[PDB]
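A quick write-up on the structure given underneath.
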Protein chains: 4
Amino acid sequence: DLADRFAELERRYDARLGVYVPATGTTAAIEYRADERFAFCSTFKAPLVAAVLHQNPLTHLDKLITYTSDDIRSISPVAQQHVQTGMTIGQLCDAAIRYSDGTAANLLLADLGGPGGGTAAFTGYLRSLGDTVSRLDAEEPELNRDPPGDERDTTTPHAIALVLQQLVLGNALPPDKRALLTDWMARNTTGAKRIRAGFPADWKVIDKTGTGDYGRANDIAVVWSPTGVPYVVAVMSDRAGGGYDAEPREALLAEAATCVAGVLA
Amino acid sequence: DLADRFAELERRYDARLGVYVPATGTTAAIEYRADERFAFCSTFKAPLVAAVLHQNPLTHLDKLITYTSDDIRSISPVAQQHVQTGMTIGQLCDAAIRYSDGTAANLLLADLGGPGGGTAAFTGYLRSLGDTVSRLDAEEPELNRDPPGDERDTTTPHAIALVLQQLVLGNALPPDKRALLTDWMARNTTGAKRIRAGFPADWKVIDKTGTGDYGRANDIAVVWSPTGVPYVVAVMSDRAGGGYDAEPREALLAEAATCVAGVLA
Amino acid sequence: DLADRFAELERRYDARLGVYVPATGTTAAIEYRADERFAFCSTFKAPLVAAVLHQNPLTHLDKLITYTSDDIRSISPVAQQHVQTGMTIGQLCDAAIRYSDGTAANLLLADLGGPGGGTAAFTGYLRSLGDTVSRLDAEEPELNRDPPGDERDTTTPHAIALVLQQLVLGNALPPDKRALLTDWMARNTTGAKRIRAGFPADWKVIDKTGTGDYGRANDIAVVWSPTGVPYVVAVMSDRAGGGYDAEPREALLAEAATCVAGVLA
Amino acid sequence: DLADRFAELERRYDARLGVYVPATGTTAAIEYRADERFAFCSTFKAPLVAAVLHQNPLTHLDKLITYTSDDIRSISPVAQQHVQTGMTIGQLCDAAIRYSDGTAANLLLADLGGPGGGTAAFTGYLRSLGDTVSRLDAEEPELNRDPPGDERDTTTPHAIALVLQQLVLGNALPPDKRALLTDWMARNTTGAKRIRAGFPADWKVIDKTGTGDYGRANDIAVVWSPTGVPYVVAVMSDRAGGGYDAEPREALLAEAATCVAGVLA
Ligand SMILES: *C(=O)/C=C/N[C@@H](C(=O)O)C(C)(C)S(=O)O
Ligand SMILES: *C(=O)/C=C/N[C@@H](C(=O)O)C(C)(C)S(=O)O
Ligand SMILES: *C(=O)/C=C/N[C@@H](C(=O)O)C(C)(C)S(=O)O
Ligand SMILES: *C(=O)/C=C\N[C@@H](C(=O)O)C(C)(C)S(=O)O
């Protein structure tokens, strides 16, 4: 039983492990705490980019957005260097996926537009992909700091997985819009020590990481087999027992992913 | 129930798969066809270099060995380039391991001395290491093409996995010699597509490959988890039903090594 | 007349090129715009680490440095994943060289201590080595975006080439420290397409890269002949005529290197 | 100029160096002892398989050739493992290129047919490519050991370049046949320590080596620049002053190819 190994890593790293791999024609689904709620954290920036892509035509990307020093609130390695010049919507998609830029996310959220920075617009977009569970209620960085047991800004390894299956493998976007999102994820720069570290090198890995308080660490990915077969992997985790300032354990995610690789090989 | 996945691979590739992973304090031993005989092929060169190292003072490595054109009877990518200069026992060790050089292995066997070019001497070194089943009856390239069912030049995944363990991890050698074999194997250039390919890149892998007729392909290795725990992995396979000319499938080996990796995480 | 090839590359890549290789015993010094000023960019992180190493005992490298979100001001691939846990002075040295992490270089500059985040100190360390020309007046990322003609945050291929010769080949650091700096520069991950790409593979190359705006692209390195002769190579280029957003051209650097390689053979 | 580096290596390696790079549209011709005669050695097997390719249709490759133990007269790593079974013409091509198999060459010569193992036939195909100079008179291994000064079994770095240019870059063979020759030369296994070791790794290199007595070391190659420009490089060398059993110096060839690489960049 793969679940015993998934229940060993929890004890080993003292964490709560969630895993979900959508079943294919050739393989059953992998499930561990799949329908338990975990905090999005930064992983919501994947479906956030595809939202803006879906409501707006390709030219919307060349729209410039200006901002000030007060708009920078979370880790923003790209946004802090363009406060004077401003950024085009496309650049904020690149910053938000590849570098998990917090400000670009809050901006892309306002670009969706609506109540409370268009968080509701975002959940809305998740409801037209058939996901009725997930929700987003705060912005960066408060969405990372909700206490355990609270359902705000939460998702489930089961529900995000399917979302990413629809977005990268399905027909949620047109191909030329699907091309941009995939590339941004294939060039993500924050997922080296996670899912990307547990799959052999001759597997392809696109991903979007998520980190937060209470030892939260997420990586959602689409990996390709050396023969070209695609699968979707969702790994979410937190260490609430350790409290607010518990340390997130990346190795847990990399070790988990290796277990998935073994069954997927 | 990792045996089901191994039995699925055998079907997928039209091959017979044999795997052994010695037990560790934390984990149980993995066994598929562990006590069946497969052909040594060029995996006998790892303990061959051990035997040479074992019976000689370190100074012997500088002893120059000269040979003639009629000695190059198989592929010898290195020895073929030194027929006029000659080679030292060390350079023959390096080539026999790192480039699986055929001529190197026969000269080493000769340096062991005794009946039949030192095949008997080699087998006695394995008996002294406790190996009760393995046997080397011929030289390169004959030892690669024995017909199926013939027990000559065969070992078992269980037997060789335990020899490798003692040579690298145990005390069969002193540290100053053991450190040479480990290096040579650490820098093998013929197994990028086998065990190396099924294990993530943060796992250290040292190996010696073997390939022969009847679609034979083996690889024996020591692997170090990212945390530092060492494991020994014997993977051997043949496709003797397809006949003499059958094609080895390196992907089988890699895929089994990826299966072993999930179980070992 | 190697200065005819360098000039032809300048014409071809629409760039200004600077090249210095100190003279060895066997060979003369290679010079092109050698005494002209080029922006440091990230190449300052190599002597910076040597600065921290020099002023502190080896166990100072285990000091834990904690930072916040506001401290992530440029791309910081490592620092951004450790905001919770904090980084050691050893880890910061690692990431400033190998991933050219920006937050790590800024922190280290502070650990040097002194006026304006320790840039006066970094400079003073260069003055103690003999460099009377270089200067460091800003932090990351402001030090990459100085307008052409300005002398703030600049060195010269001549000047930097001699600093790197002392730090690595000379005795500006005791062997135990020196070997750490040498090892970090040997495992660089940002210089695959620059000097490394311009030398044959059987030459060992350690290096630190530099990139900025105005198509700035530098790379400083020590290289070892196959026989073991060390040379220091300082290559720097910009394209400030094409303005702030001009694209750097790595292949200019990989080609210059290929020219220096032939002359040194 | 580049000729003074070429006269340095001669002194450095105590040898006689011959370099020829035919001029292209963009570059001039590199010449050093370009018309001085050097022993073919095993580089005649490049034009040899082309000759067999040329005057036969593609189906002639499947023809089978049986032979005996007495035919095995030179280093024959592949032909010695097929005495019983025999070899097809194509195996004799691949073997004679990639592994420099002596027996396979002497059989290909005899397949061309005619006087004295058909050597005249071979020269009879060189003149038709315009080469008035070169000649082949003996078989393996005698062609490798004619004395210095003698003209049998010689070509010139100028005369064999323009054949390899026609034979890979020209219209000497149709594409179908062209494809096979080229592939065999890009998979050669005897030229890692020569031209291939002196050009950067992002340059493509195909070659056929030659080695013999009197310290004779040749390599002829077609190399591609990282941008796609092809070049023909002919390096040949002997050390006639050190006697019949003088050691060949591969390093000279690598260094000369690195010197060719610098101007070509
Ligand atoms: C991505 O959306 C955010 C993660 N936030 C964490 C991080 O590691 O970057 C914190 C908790 C450090 S943060 O909200 O600054
Ligand atoms: C190394 O010298 C540079 C770091 N930053 C520059 C870069 O090209 O990566 C900037 C200024 C563009 S950045 O902080 O991304
Ligand atoms: C052609 O491939 C040449 C072989 N010549 C020499 C070699 O080193 O390979 C000898 C000495 C083996 S030979 O005269 O056959
Ligand atoms: C040792 O057993 C390894 C390799 N040799 C085989 C190979 O596949 O290359 C032979 C015997 C077929 S070979 O001609 O080297």
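A, B, ... follow the sequence lines: proteins, then strands. Residue 1 opens every chain. All values below come from the heavy atoms of this structure, side chains included, with hydrogens, waters and symmetry mates left out. Every number for a ligand or one of its atoms is a count from 1 in the order of the listing. If you check the header, you will see the structure was determined by X-ray crystallography, 3.2 Å.
According to the PDB, the drug at ligand 4 is sulbactam (bound form). Most-contacted chain for sulbactam (bound form, ligand 4) in this structure, per the PDB entry: Beta-lactamase.
The letters of other chains with a heavy atom under 4.0 Å from sulbactam (bound form, ligand 4) are B, D. A covalent bond joins sulbactam (bound form, ligand 4) to B:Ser42 OG. The organism reported in the entry as the source of chain B is Mycobacterium tuberculosis.
Within 4.0 Å of sulbactam (bound form, ligand 4) on heavy-atom distance sit the residues B:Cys41, B:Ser42, B:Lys45, B:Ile75, B:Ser100, B:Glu140, B:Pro141, B:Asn144, B:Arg145, B:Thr211, D:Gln81.
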